[PDB]
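Structure with GS-441524 present.
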Amino acid sequence: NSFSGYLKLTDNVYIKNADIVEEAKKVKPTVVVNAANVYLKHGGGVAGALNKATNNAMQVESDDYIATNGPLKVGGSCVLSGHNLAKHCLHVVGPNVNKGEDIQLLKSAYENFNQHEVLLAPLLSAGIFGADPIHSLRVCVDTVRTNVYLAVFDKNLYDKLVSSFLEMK
Ligand SMILES: N#C[C@@]1(c2ccc3c(N)ncnn23)O[C@H](CO)[C@@H](O)[C@H]1O
């Protein structure tokens, strides 16, 4: 039970070099955040790792939701089951700047976290979404007021995030 091994960046933002799936299985948090696309297709990265850990139950539930909803908006979210990982999964769509989606929508994406007391989360709009990860962490720190536990799988990205956050003091 309980989050451990996090570096406290602000009063409400914590960060750890860890697999978000391993964190969820250890802690069983109320909310785990998925780094989603508008169609909630959980093919790769965080989304793939979460869906795999649910043995595809997350994808089947996502497909049912999108059939009633249509695609999410960029900057938008939905609350679905956290299945065996968490009580809830908050699927959030950050902007993909590779497709010329507006970086400002990254503010809208993180704003969704404020509807949840505590979240286990990845960094939004990094990897294939092509946003500057150091900017993403700044938007998170400036936008989120609830407790967020950031799980960053890649050691090199984690070290870059932590040392750039400390160097700006
Ligand atoms: N680091 C990292 C990643 C990632 C991929 C897979 C995982 C995982 N299993 N746990 C946590 N993080 N994680 O999260 C960010 C999401 O935009 C990107 O930088 C990804 O590369």
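Residues 4-172, in that order, are what chain A shows, numbered as in the PDB entry. The header says X-ray crystallography, 2.2 Å. Hydrogens, waters and symmetry mates are skipped; everything else that's a heavy atom, side chains included, is used. Order of appearance sets the numbers: ligands from 1, and atoms from 1 within every ligand.
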Original post:
Across the whole structure, where does one find GS-441524?
Top reply: ligand 1
Original post:
What macromolecule, as named in UniProt, provides the greatest number of contacts to GS-441524 (ligand 1) in this entry?
Top reply: Papain-like protease nsp3
Subject >> Protein contact for atom 21 (O) of GS-441524 (ligand 1) (heavy atom, distance under 4.0 Å) >> reply: no
Original post:
Please state which protein non-hydrogen atom is closest to atom 11 (C) of GS-441524 (ligand 1) and give its distance, to 0.1 Å?
Top reply: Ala154 O, 3.3 Å
Original post:
If you map the residues of chain A that touch GS-441524 (ligand 1) onto UniProt domains, which domain gets most of them?
Top reply: Macro 1
**OP:** Give the source organism of chain A as listed in the PDB entry.
**Re:** Severe acute respiratory syndrome coronavirus 2
Original post:
Which atoms from GS-441524 (ligand 1) have a heavy atom of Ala129 less than 4.0 Å away?
Top reply: 17 (O), 19 (O)
Original post:
Is any N or O atom of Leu160, backbone or side chain, closer than 3.5 Å to an N or O atom of GS-441524 (ligand 1)?
Top reply: no
Original post:
Just which atoms of GS-441524 (ligand 1) are under 4.0 Å from any heavy atom in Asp157?
Top reply: 1 (N)
Original post:
Looking at atom 2 (C) of GS-441524 (ligand 1), what's its closest protein heavy atom, distance included?
Top reply: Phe156 N, 3.9 Å
Subject >> atom 10 (N) of GS-441524 (ligand 1) [closest protein heavy-atom partner, distance rounded to 0.1 Å] >> reply: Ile23 N, 3.0 Å
Subject >> Sub-3.5 Å N/O-N/O distance, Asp22 and GS-441524 (ligand 1) >> reply: yes
Original post:
To which protein heavy atom is atom 16 (C) of GS-441524 (ligand 1) closest, and what is the distance rounded to 0.1 Å?
Top reply: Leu126 O, 3.2 Å
Subject >> Distance from atom 14 (O) of GS-441524 (ligand 1) to nearest protein heavy atom, with residue and atom >> reply: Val49 CG2, 3.6 Å
**OP:** Give, by chain and number, all residues and nucleotides of other chains with a heavy atom within 4.0 Å of GS-441524 (ligand 1).
**Re:** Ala21, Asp22, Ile23, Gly48, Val49, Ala52, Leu126, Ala129, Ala154, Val155, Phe156, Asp157, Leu160
